[PDB]
Novice: 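Drug: silmitasertib | Macromolecule: Casein kinase II subunit alpha'.
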Amino acid sequence: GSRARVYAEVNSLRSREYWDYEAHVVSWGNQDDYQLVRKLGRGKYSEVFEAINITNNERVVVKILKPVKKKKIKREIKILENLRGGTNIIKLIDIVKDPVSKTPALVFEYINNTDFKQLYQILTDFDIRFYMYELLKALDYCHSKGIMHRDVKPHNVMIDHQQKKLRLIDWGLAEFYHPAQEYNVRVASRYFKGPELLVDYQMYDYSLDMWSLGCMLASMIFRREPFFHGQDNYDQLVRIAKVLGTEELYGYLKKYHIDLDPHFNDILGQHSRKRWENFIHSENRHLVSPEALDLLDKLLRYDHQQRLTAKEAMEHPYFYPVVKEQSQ
Ligand SMILES: O=C(O)c1ccc2c(c1)nc(Nc1cccc(Cl)c1)c1ccncc12
């Protein structure tokens, strides 16, 4: 069966308490330190507020977890503990609960985010390299800690374009990687789902995050956001196959012995692999380079095992201007 090319054994080489999140004992702060100011949004199992820490006047974010899916809550809490101090990972400030109802909430640092719909249309070539490099730092960190994020997408990549600060947020779908474990494919947003998820291949790994990152890179350099805009999960794979090719898809399925849902037979058609240069036009030309296209081609590949790791991506020549500037 398939295995990650990197960090495959990191969890088995650590103490069981590192990854056995169900056994984790939470340390609780003081709920009354935090005053809710404004609702930011709502997820399926949580709601997020801007708040003020009344002890230091500082703005924070409070994520109230409800439904209280107790196992999912300990998983997110333990993953955040394991990732503490990691580069560009959202900082968890506190964990509190209502003393009477016991409903728990997470408290995070506040990032003055620029909405990606507006931001992605005005980034320069250097900006794209810079922010992608910062995102890769967070992914290399979490993968090296034995954790897959599983929900990489613009909404979960918060960018303060004034201070040039990036944070990878929302670790509620993240999971520990264990070799040969079969994982639920109902993760990630439709537009960022790797082909392994779309064909119901459960033995995936950290490389799922690199497909999602490649999707973001494509949307930034080409200015089509989202880059692969399927109408549903079936159409999502069709949109991918029109670019990467159908014979190439079948070769990937054959390599990993993946069964293809027969509903695909009537919708996939026959499509050659396309050159990434086909997406260049006058409005995005200044953002595209041989280096960008080479990197993108090494990320948006069917074969999850052949995609660049986060570390390998950071070493790519596309990031040399960032590396050279982070040393001047
Ligand atoms: O879940 C986390 O880890 C998490 C952690 C931090 C933030 C967050 C979610 N969501 C934010 N905003 C937001 C905007 C729209 C909808 C929703 Cl649900 C949330 C936000 C804003 C500013 N600073 C930090 C955060």
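All residue numbers refer to positions in the sequence shown, counting from 1. Side-chain atoms are counted along with the backbone in the values below, which use heavy atoms only and exclude waters and symmetry mates. Each ligand, and each atom within it, is numbered from 1 in the order the structure gives.
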Novice: Which instances in the model belong to silmitasertib?
Specialist: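 Copies included, the answer is ligand 1.
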Novice: Which other-chain residues have at least one non-hydrogen atom less than 4.0 Å from silmitasertib?
Specialist: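 Within 4.0 Å on heavy atoms: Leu40, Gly41, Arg42, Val48, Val61, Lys63, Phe108, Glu109, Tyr110, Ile111, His155, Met158, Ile169, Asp170.
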Novice: Among all protein heavy atoms, pick out the one at the shortest distance from atom 13 (C) of silmitasertib; state its residue, atom name and that distance to 0.1 Å.
Specialist: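 Its nearest protein heavy-atom neighbour is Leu40 CB, 3.8 Å.
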Novice: Considering the heavy atoms of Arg42, write down every atom of silmitasertib situated less than 4.0 Å from one of them.
Specialist: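 Going through silmitasertib atom by atom, the ones under 4.0 Å from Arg42 are 18 (Cl).
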Novice: Which of the numbered atoms in silmitasertib are under 4.0 angstrom from any heavy atom belonging to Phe108?
Specialist: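 Near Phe108, the atoms of silmitasertib are 2 (C), 3 (O), 5 (C).
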Novice: Can you check whether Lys63 has an N/O within less than 3.5 Å of an N/O in silmitasertib?
Specialist: yes
Novice: Provide, to 0.1 Å, the distance between atom 24 (C) of silmitasertib and the closest protein heavy atom, together with that atom's residue and name.
Specialist: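 In this structure, atom 24 (C) of silmitasertib has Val61 CG2, 3.3 Å as its nearest protein heavy atom.
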Novice: Which silmitasertib atoms are under 4.0 Å away from a heavy-atom of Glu109?
Specialist: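 By the 4.0 Å cutoff, the relevant atoms are 23 (N), 24 (C).
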Novice: Is it the case that silmitasertib has an N or O less than 3.5 angstrom from some N or O of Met158?
Specialist: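 In fact, backbone or side chain, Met158 has no N or O that close.
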Novice: Mind telling me the UniProt active-site residue of chain A nearest silmitasertib, with the non-hydrogen distance to 1 Å?
Specialist: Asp151, 9 Å
Novice: In chain A, which UniProt domain contains the majority of residues contacting silmitasertib?
Specialist: Protein kinase
Novice: Name the closest protein heavy atom to atom 9 (C) of silmitasertib, giving the residue it belongs to and the distance to 0.1 Å.
Specialist: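 The protein heavy atom lying closest is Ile169 CD1, 3.4 Å.
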Novice: Per UniProt, some residues of chain A bind ATP; which of these have a heavy atom under 4.0 Å from silmitasertib?
Specialist: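 UniProt binders with a heavy atom in range: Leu40, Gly41, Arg42, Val48, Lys63.
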Novice: Suppose we measure from atom 3 (O) of silmitasertib to each protein heavy atom; which comes out shortest, and what is that distance?
Specialist: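 Closest protein heavy atom to atom 3 (O) of silmitasertib: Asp170 N, 2.9 Å.
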